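Here we have a structure that includes conivaptan.
Order of the sequence lines fixes the chain letters, A, B, ..., with proteins taken first and strands second; residue numbering starts at 1 for each chain. When a ligand or atom number is given, it counts from 1 through the structure's own listing order. Header lists the method as electron microscopy, 2.9 Å. Just so you know, these numbers use all the heavy atoms, side chains as well, and skip hydrogens, waters and symmetry mates.
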Amino acid sequence: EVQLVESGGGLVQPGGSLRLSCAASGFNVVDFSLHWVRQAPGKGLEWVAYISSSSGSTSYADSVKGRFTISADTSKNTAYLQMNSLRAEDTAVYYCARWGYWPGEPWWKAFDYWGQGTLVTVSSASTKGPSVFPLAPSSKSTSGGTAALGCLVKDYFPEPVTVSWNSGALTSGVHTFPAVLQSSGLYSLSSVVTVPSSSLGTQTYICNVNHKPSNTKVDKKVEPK
Amino acid sequence: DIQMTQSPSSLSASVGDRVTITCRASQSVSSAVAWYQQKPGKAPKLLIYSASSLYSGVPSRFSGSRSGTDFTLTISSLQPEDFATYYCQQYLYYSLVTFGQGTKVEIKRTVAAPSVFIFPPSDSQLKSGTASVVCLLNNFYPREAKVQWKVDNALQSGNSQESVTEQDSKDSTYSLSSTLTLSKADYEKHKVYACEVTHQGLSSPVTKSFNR
Amino acid sequence: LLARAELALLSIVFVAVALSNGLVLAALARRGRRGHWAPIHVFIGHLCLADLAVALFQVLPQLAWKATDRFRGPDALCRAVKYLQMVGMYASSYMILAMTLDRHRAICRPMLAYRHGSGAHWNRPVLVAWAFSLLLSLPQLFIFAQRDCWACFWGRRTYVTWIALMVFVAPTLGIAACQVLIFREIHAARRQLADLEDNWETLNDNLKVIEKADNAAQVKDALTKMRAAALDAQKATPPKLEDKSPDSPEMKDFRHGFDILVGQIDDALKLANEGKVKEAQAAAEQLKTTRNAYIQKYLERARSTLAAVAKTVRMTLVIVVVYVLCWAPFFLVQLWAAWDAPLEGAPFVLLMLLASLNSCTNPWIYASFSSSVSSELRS
Ligand SMILES: Cc1nc2c([nH]1)CCN(C(=O)c1ccc(NC(=O)c3ccccc3-c3ccccc3)cc1)c1ccccc1-2
């Protein structure tokens, strides 16, 4: 069955070099033109490059021309994109799409078998562990009723950090907001939980944070003020 | 360089509601225009592969149409799984493919009152030499909620970062957190910090404040 | 005195209608003897035959003032004469109705609906119209019976309303509906042909710009406009006036030459993208060989066919307009004064003569609007 599989995405420092490989199964790259389309985090799609293996007719966007090199290998049935002189805004999810050839209907079907997409990030920051701090509420605030209990994690570069309450026992009323790239290059993310009245229900909540890229765990204990 | 402006930057609708999205092209491309649907963390999915031609495996409710240089995608009976971003592409030539900005279709629900809470900095954070104050808006349906910071009764801007959760499909409500960060010295030389929230649900702005 | 004036009017009108209809029918037969017979010939010939029926049944009795002074004769003669008159009127109306229906069939939905059509001058719609004219005029055998002959009879007003509704208002409304539908279809075809012409014009203008371009841009550009124009053009199918079947020249020969055209545009764009403007100029000249082979002839044929069907539709519209403008003055008088009505409508002969002028002038309209009969200058 038709399928595009992307690989090679990862972390490369700005000004470095990277190679993205799009492997096709269920069809031959000779019969189809392979396009690379990138989507920036929280932004619309934009076309990066393309390769036609039959004619060797490469092309590039105005913002990548001269730095990106698109090639194809029919023996391995793959398409390579070599990105050099990377810049800050080159971070994105790159999908490999497939487009037919003009004479017939395959052309009128636009990108119709995309790939999974590979995420590439470029930043000067180096991998480091998170720092977690409490967000304990005040008993005076909202005296009688709903209360909020949170933990704020910050200064962790790689995005994959996860949060849980009571080692996963508490999962109702938990909001974990998307990480936001701070001006320093690291990330910040706050997790909050809603608790009822009557002395918070007589339950001591512990915010458990884990970070696999840094291999770190924190079990921050939060108490009312 | 063919622009593909997509007018409805965002759209709110309810199940069983007809929803229309429009696209306009700078030049006169032919019926070479496609409509894709993307869900969070997934690659797009070709819904309409010509100006108006349903793809093989797409539900028939989706329908594309063209008139001159204006293209439209319509969903008659919005199902619960039709909530996703929709993109409009023009693909006249291999090196001339351009997408639209996209329209995010969300669920509808009666305006809800934000719950405004404020978390001051913790002494543990102050140990490292930095203080952050978090204003939390909770359980409000309209994403358009304004949040501002008043330090020493003086409005502050350009030093706060706000993150809003995706509309959860359990009750269709949002939660926004705005963190304002300052150094140790700046935090030490001011006494009162307040966060004011203005929302459609709240009749008047709600200000939550605390002292040093 | 005015009886002599009426007699002279009727005599000249009989002469004109009979001569014109006979001449046009003879021209139709002569063209049939050749290889120039067409489907419309049966319709026009039967409309001419209805005109002769009007002339010989509805006009001859009135012209003879020694026979219509008191309608002398047995009741059978008068009954037959009135039946023939009403048959002629019904036929004159319904032949025009059938012609307009034929235009609708051959314009809106030109299918293979000419079943059992023959060169013996008959087809299904015309025989249907003749049979309906014969049937609907049957009541005339049970009214006039040697009354001088006069109507033997609420009966008169109801019957005249029925006659004006069946002969004039209903056929005229059907014809008007068919005419508006045909006008809409013809305007759609004209707009489609104009769109194809505009696409061809854009192709030519951008080819000229490429020829006079002197840099990478204006070649990479102005080839995209050409590509969009070609994609739009190859999609435009021929109007309904022509068939659409596999192996047809318009399916393969048209949307295969356009495929080669778009392929050459793609090759030119591929050359232009590499900065080889000089090489991309050669493809501009190469495109002309494909442009002038599959598409120019198609445009000429489409324009000519549209002009021909527009001419036929204009002829039918002129016949319908004359029909209405010449028969309404007569039917309206009866409709307005047959109820015993504000007063007596003394003028009767002139209105009917004006109505018969339509049958007199149909053959001239056809000959003017037909090149086959127009070329028949020498008899
Ligand atoms: C009840 C009734 N009748 C007729 C109708 N419904 C149908 C409509 N329709 C008239 O509305 C009408 C009625 C009366 C006249 N006036 C004449 O015909 C006339 C005028 C001057 C001198 C003689 C005659 C004459 C008298 C008897 C027989 C034939 C001609 C014209 C048209 C007719 C037109 C042609 C034949 C029969 C009728």
List the macromolecule sharing the largest contact count with conivaptan (ligand 1), named according to UniProt. Vasopressin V2 receptor
At a 4.0 Å heavy-atom threshold, what other chains are in contact with conivaptan (ligand 1)? C
Which other-chain residues have at least one non-hydrogen atom less than 4.0 Å from conivaptan (ligand 1)? C:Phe71, C:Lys82, C:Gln85, C:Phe144, C:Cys149, C:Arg156, C:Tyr159, C:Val160, C:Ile163, C:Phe330, C:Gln334, C:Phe348
TM segments of chain C, numbered as in UniProt from the N terminus: which have a heavy atom under 4.0 Å from conivaptan (ligand 1)? 3, 4, 5, 6
